[PDB]
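Complex: laninamivir / Neuraminidase.
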There are 4 protein chains.
Amino acid sequence: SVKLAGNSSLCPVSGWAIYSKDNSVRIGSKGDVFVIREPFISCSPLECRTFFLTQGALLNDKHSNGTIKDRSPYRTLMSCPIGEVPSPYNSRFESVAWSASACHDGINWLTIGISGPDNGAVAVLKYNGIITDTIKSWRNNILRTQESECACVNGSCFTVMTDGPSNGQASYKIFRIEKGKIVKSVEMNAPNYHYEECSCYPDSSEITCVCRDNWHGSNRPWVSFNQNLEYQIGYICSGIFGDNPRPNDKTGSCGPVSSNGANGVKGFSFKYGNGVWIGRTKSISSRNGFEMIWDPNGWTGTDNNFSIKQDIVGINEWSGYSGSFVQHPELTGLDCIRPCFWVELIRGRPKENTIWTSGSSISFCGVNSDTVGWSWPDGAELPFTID
Amino acid sequence: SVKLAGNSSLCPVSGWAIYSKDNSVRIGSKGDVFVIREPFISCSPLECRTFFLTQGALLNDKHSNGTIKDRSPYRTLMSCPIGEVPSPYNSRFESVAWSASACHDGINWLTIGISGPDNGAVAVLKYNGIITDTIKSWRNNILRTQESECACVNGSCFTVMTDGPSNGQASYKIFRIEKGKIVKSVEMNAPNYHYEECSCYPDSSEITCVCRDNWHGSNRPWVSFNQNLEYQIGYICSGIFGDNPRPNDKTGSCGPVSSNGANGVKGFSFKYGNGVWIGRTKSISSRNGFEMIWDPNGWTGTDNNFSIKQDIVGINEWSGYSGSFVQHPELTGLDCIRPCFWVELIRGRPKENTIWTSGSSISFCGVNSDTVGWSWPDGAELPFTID
Amino acid sequence: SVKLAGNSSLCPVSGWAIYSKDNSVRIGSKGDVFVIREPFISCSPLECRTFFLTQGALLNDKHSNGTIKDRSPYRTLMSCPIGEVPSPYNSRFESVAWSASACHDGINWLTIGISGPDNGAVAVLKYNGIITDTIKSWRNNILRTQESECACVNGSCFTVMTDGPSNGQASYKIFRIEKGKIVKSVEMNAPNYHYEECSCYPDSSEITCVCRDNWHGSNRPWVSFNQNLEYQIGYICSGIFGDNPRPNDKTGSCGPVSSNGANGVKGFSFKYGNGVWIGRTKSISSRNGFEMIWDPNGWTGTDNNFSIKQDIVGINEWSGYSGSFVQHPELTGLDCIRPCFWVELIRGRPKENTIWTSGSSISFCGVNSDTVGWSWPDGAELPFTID
Amino acid sequence: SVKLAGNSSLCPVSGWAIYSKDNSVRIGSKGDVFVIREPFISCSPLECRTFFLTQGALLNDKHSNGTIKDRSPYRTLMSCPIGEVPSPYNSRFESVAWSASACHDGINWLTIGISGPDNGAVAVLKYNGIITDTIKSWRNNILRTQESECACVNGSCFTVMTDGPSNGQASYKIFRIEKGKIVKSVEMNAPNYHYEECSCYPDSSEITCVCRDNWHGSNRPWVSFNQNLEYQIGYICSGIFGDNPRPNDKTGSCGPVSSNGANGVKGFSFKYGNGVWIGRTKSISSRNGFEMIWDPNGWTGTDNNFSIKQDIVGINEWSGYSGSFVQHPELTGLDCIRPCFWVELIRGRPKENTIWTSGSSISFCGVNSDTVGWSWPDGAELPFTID
Ligand SMILES: *[C@@H]1O[C@H](CO)[C@@H](O[C@@H]2O[C@H](CO)[C@@H](O)[C@H](O)[C@H]2NC(C)=O)[C@H](O)[C@H]1NC(C)=O
Ligand SMILES: *[C@@H]1O[C@H](CO)[C@@H](O[C@@H]2O[C@H](CO)[C@@H](O)[C@H](O)[C@H]2NC(C)=O)[C@H](O)[C@H]1NC(C)=O
Ligand SMILES: CO[C@@H]([C@@H]1OC(C(=O)O)=C[C@H](NC(=N)N)[C@H]1NC(C)=O)[C@H](O)CO
Ligand SMILES: CO[C@@H]([C@@H]1OC(C(=O)O)=C[C@H](NC(=N)N)[C@H]1NC(C)=O)[C@H](O)CO
Ligand SMILES: CO[C@@H]([C@@H]1OC(C(=O)O)=C[C@H](NC(=N)N)[C@H]1NC(C)=O)[C@H](O)CO
Ligand SMILES: CO[C@@H]([C@@H]1OC(C(=O)O)=C[C@H](NC(=N)N)[C@H]1NC(C)=O)[C@H](O)CO
Ligand SMILES: *[C@@H]1O[C@H](CO)[C@@H](O)[C@H](O)[C@H]1NC(C)=O
Ligand SMILES: *[C@@H]1O[C@H](CO)[C@@H](O)[C@H](O)[C@H]1NC(C)=O
Ligand SMILES: *[C@@H]1O[C@H](CO)[C@@H](O)[C@H](O)[C@H]1NC(C)=O
Ligand SMILES: *[C@@H]1O[C@H](CO)[C@@H](O)[C@H](O)[C@H]1NC(C)=O
Ligand SMILES: [Ca+2]
Ligand SMILES: [Ca+2]
Ligand SMILES: [Ca+2]
Ligand SMILES: [Ca+2]
Ligand SMILES: [Ca+2]
Ligand SMILES: [Ca+2]
Ligand SMILES: [Ca+2]
Ligand SMILES: [Ca+2]
Ligand SMILES: [Ca+2]
């Protein structure tokens, strides 16, 4: 039993092979499946698990009513083996939460679950299911975190949290956590930046996060840092805009792109030098479709040219949140950190005429062997009996 | 694999961080969830489990009819991982019982399950699921026990049982149990006292129990003892009355407070010198709401002043039973015994127009980092389809 | 990991403490519970499991139709932890079978499952879930076995099988099995005897079986043997008749009691010298009620006097099959083999107006501490929605 | 933990003893059971598992509509313990796939799952649930594989894949895989042959596959090879034709039998010198019934005589796919590789008036002790409530 090193580089990849699909909503039509949203994947040296925020209710039951709502005392962070439907019969309880993160340092699971009132939320940190720390809202305005896996390097795991307005300047903090205890934090000095729901991963002993600007950027902000939390900040320069909503592709900016900049969706990207693997919706205006784009100079370059595009979900199909997750050499036996990603497929409100909102998931892992584009949509037929 | 020492002191705490919430009733609207009551939490060196008394039926089924009833041949003690719904598909069978206790000595689980007729009930003791002892009613009047975890110190576990009237003087016995075998017992000499449903915990090699006086006390009786069963008795002196029902807060008594003293509810409190952490309903007349109060001299002082109050369940929401559970250093890695507590959220009869009665649960653990008050209620919408 | 010795004597006991109750039928009203019958319990050095013959269908589903039928290609032997409901979600598959036995030798599980046509049934023997042997019908007339646990001594396990008429002289064979392989068998020379559904247990290195005479005995036949299959045969002499149906208690016989001798029910008894613990229905004419009787000279004496009687199921409640199971010192840490027993509570056809037949179960273990009589019935309300 | 040797010979067997039956469709009438097809069994040194292709839906739910369809983005390869129903609550997720294979090399599970578009499908290979390789369609015409277990010898596992027309000459490749990585492949030079859905097993360090000719053969093609992929090809010569559909038994051919040669069904056979154990439907025109036939010179001889026939499923009952699986000495303790087989029992479309298509399964293992023929059919009553 040993700590993840996290000191090797990210595996370069040429394409994405499908890894999992849970068909949660299709199955929940009859089976006992949690109403969920904000799912994410995270692995240990032994297994990969799907984490998710339940709504404390099951699909096709009356208690799924009004589940478009983001926060409540009923939401809980739970997890199950990857690819399985989130059910009360196969799910491990993690924490009470309407915002969350989780990651394995090689020894145990760290989970972070935020609950409580909007004006004084509290993040409860657990290590091996034991409460080890808490951090309370410092701006009294919806303390919130990744909704994807934290990143671990040599026994230290890192996350980002935000507190403050969703439509203006907020406050962003980076945390270093050891055995579930916060050992260091720093507030990012990022005037005119907006960070939410960061997708963070380790790469050569350091952490890179690609996040969501809900205020005024249709491209994605990023923050990178070493174990001592010495950080750098910026925005993805590519004219291949990564957020949703967004403008049509055109000349980009290394700062926040104001056009269609308000609102957004959780997403991710993988940096490789000046290049970037961009995951994004296919629609510029709604959470529909998904695609992976390789842009060889997209991290630092502003043009809208790219080299590779791989279809993941058809433009006429619902998508939603997406996030990175990695597989360490301790798990794979490789000499690099393998990048994977998941996509949330959201069904129900507000776009569909149901009483409920829930999602299923798909995931892919990066490879250098042959791959293919396609569409792996949710596939449920709405409305349900309960609607 | 080693016996719990139980020789360190109780961890002082400034607040309570939320630990679990199962949403059992909300989920049971569709899912296969046991009708239950009298749940409690108990931990081993490895995990924490929710124990509970089923009614041998599932929610939203006709067999849940009449489950306001306390005792029957169908009630069974079962357990599942903390935070999960009590289902036939994830629950371990423990014992046949309509009253129960359980605890882990560091090596194995001890469970105590009382079943049989009101005039001759028998407690069946199990160690690692094997019957190790029995104790039969000695007053022929509803032998009954904790409905929360027993307490273990250096290979010996302790509990309290009551036999006799619920509305007058009864008989109370303390038991010392080793590997599931009763090695010693003593009858408490407590004229004018009434003890039921004790919440007991270890603290510096000795046991402290805070219980329910159903006869004539609106404050809570307590009994403490060493491994030798040499005991002391009294009542919590604070004018912050702990039982339900109870009078409005006023000058208290170190004896039983007669005002609104009849009837009651299972509860708990944590002693710290002259001070006390009091968990109680918010309503003085019904099982509604829940709050934690820190009263620096409430154990021995009679005034109605206090220093800290933390909201747990809103006054307009149903609560019910509550009980202590601890986490030992063998589990946490701390240098003290950590105090936690659970709350039963009762739904159905008699206050609601259903055919059934059942509960869900929430739990919290004590910390010295930042916390927040809120309301984490049951959240089910009654009546159900079966009603 | 070591073979059960089985060389200590049976623990003498003064009473029976309740061990488990699954409430299968009550729960199956909504939950996904197998339609079953012929359940039995058996333990390893680590755990105790309920074995049972499914009807390849669930309660309250149309496929439960006609399940009064004894034999079909759909019946399967499965098992789950004791006290849990037999569900597709918690049950281990053992074998395809409409008659069965099983037991643990201390190393692995032996299971015996008989399937195939009435005129050529085949018993499939498995050791650790791997087929190790088969034995085919030798009289071409419904090869059938214990429907309770086989008995193991020093790495050898033993069972009894019957082939031939249910209403006249049949053929009875004893088998010695090692690691799932039949190493020896012998045909019992028992003219005028009838043996079915034996309840066998180990006691001082030898095996004692108490069985069912379906031909012409209202008392129970027995067969005992050593590891070399050298056997003795007889009938329980007590005037406290053990079968169902049976006459009112009166002077008994050490041979088959012809009065009400036809038909019967699976049962058990524990021999202690000239004495016997008798488990039986309360009704002399139907499968209702259950009681344990201690008759100090009932094994060899013909009078109808007895010393102890303990109620188990009320006479106005349904019972059914019953069988012995033991707990070895390797499991309990005792210096003797502890006797326990289970009772099948049959609901549905032919006595009740349903389309189906199924059972739940209760179990008890022998102790020398205080116990109490009561009634722990099935408790389901029939008919069900499907009827 | 050690690699399977696979160097012993196949165990000669005289008959087949029933091993498992899951009753999936009967149970799925009420329970939460996946709609599935193309099930198969495969074992490790420790356990045997049922693999299967779900339709991302449950029985008796509207999402089972149209499941006669072979390929979709919703189909997933999952597995559960043998004999258990495939449920979301007991099934492990393996891969996203509408065609698949899997096998254990003694250390870990290899799974192969093909998904993507018909004109560019991709096989994703996993070792211990981690993606280790991919192979993409080379003829752009429905890349497809075994639908039964791959075969492992000394740390190398082997499979066969096909790409191209289902009604004419296609392309067939053999693969050698080590720890989930393709280390060698070769295209079979088989003009006028057609290979699909091979059932492959190890025997004396080499691999033998019996497959399906969908083009123009009513007998079955075979391919055998050593670890070096040096292969031999041919057709089973016996006049006891093995495919479905097929002509009435008559003089056979060692080449493809054109009569009723178009179309077919997945099947298997076990070679013993010039002899062959043939598993086949009972009907020559439809997927009904199943039987095992021993033909002492059927591998190389063209006559229609045989020595042994054992009934498995009645001619008036539905069958479907069938495939071999083996149990290695590492699992059984035998000095040979034991032959077993499974049968898919298909219910629904196109032969039955339902909206759905799904299957249950039975399995048998070869023995030299006594066995019996019978019929162990699916047993579900169609249509269902959803139809
Ligand atoms: C979910 O919530 C909606 C809104 O409360 C429910 O629809 C309402 O039903 C109530 C009671 O019949 C009426 O007073 C309103 O007119 C309805 N509102 C609307 C907008 O239709 C709905 O019944 C709930 N669904 C379930 C399954 O409980
Ligand atoms: C169980 O079986 C019985 C007997 O087949 C079914 O009752 C029959 O229903 C059929 C079709 O409606 C009628 O032809 C007969 O008149 C009925 N027989 C009797 C004795 O009532 C019954 O419907 C089945 N139950 C279920 C749930 O499938
Ligand atoms: C308030 O909305 C935020 C979150 O956005 C949304 C979404 O579907 O866009 C889901 C979350 N739901 C949950 N995590 N439960 C949010 N975040 C929270 C904390 O509400 C947003 O990033 C603006 O601040
Ligand atoms: C008789 O009522 C006692 C118990 O009261 C409570 C209650 O909700 O107040 C539930 C229990 N239900 C169960 N434990 N099943 C009781 N205790 C019993 C043994 O009935 C009380 O303490 C008075 O003696
Ligand atoms: C034929 O009846 C025999 C069995 O009896 C009965 C019963 O409820 O009485 C249940 C069984 N059901 C099953 N084991 N499935 C039987 N035995 C069998 C093999 O049918 C009897 O002992 C006479 O020979
Ligand atoms: C196209 O049909 C092929 C397969 O046929 C069968 C069948 O029931 O006959 C089911 C499969 N279903 C799945 N494996 N999902 C097929 N194979 C595929 C890849 O569709 C056939 O062998 C001809 O090429
Ligand atoms: C990464 O960490 C491992 C484990 O400590 C160490 O042995 C190795 O030197 C590091 N790798 C590199 C490339 O620095
Ligand atoms: C508590 O028990 C432990 C374990 O035996 C012992 O080593 C230690 O001395 C004790 N601690 C105190 C403070 O007495
Ligand atoms: C029973 O078997 C044990 C284990 O082999 C042996 O040591 C012991 O002598 C036996 N007990 C008796 C009473 O003979
Ligand atoms: C088969 O493999 C085993 C394991 O390596 C080896 O020891 C043995 O010699 C082989 N058996 C034969 C018959 O070659
Ligand atoms: Ca934005
Ligand atoms: Ca570019
Ligand atoms: Ca009171
Ligand atoms: Ca005070
Ligand atoms: Ca259900
Ligand atoms: Ca009889
Ligand atoms: Ca007598
Ligand atoms: Ca063909
Ligand atoms: Ca021949």
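Numbered from 1 within each chain, the chains take letters A, B, ... in sequence-line order. Side chains are part of it too, since the values below use all heavy atoms of this structure and drop only hydrogens, waters and symmetry mates. Just follow the structure's listing: the first ligand is 1, and inside any ligand the first atom is 1.
Every copy of laninamivir included, the relevant parts of the model are ligands 3, 4, 5 and 6. Every other chain with a heavy atom under 4.0 Å from laninamivir (ligand 4) is listed here: B.
Looking at B:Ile142 against laninamivir (ligand 4), only its side chain comes within 4.0 Å, counting heavy atoms. For atom 2 (O) of laninamivir (ligand 4), the closest heavy atom belonging to the protein is B:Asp70 OD2, 4.2 Å.
Considering backbone and side-chain N/O of B:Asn214, none are found under 3.5 Å from N/O of laninamivir (ligand 4). Of all atoms in laninamivir (ligand 4), numbered sequentially from 1 with element shown, those under 4.0 Å from a heavy atom of B:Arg75 are 15 (N). Of the candidates B:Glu197, B:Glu38, B:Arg144, B:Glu197 brings a heavy atom nearest to atom 16 (C) of laninamivir (ligand 4). The heavy atom nearest to atom 20 (O) of laninamivir (ligand 4), out of those in B:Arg71, B:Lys69, B:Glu147, is found in B:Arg71. Applying the 4.0 Å criterion to heavy atoms of B:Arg212 picks out, from laninamivir (ligand 4), the atoms 5 (O), 6 (C), 7 (C), 9 (O), 21 (C), 22 (O).
In summary, the atoms of laninamivir (ligand 4) found under 4.0 Å from a heavy atom of B:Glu196, numbered by their order in the structure, are 21 (C), 22 (O), 23 (C), 24 (O). Under a 4.0 Å non-hydrogen cut-off, the residues that form the binding site of laninamivir (ligand 4) are B:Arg37, B:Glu38, B:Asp70, B:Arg71, B:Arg75, B:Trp98, B:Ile142, B:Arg144, B:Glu147, B:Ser166, B:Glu196, B:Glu197, B:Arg212, B:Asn214, B:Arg287, B:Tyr321.
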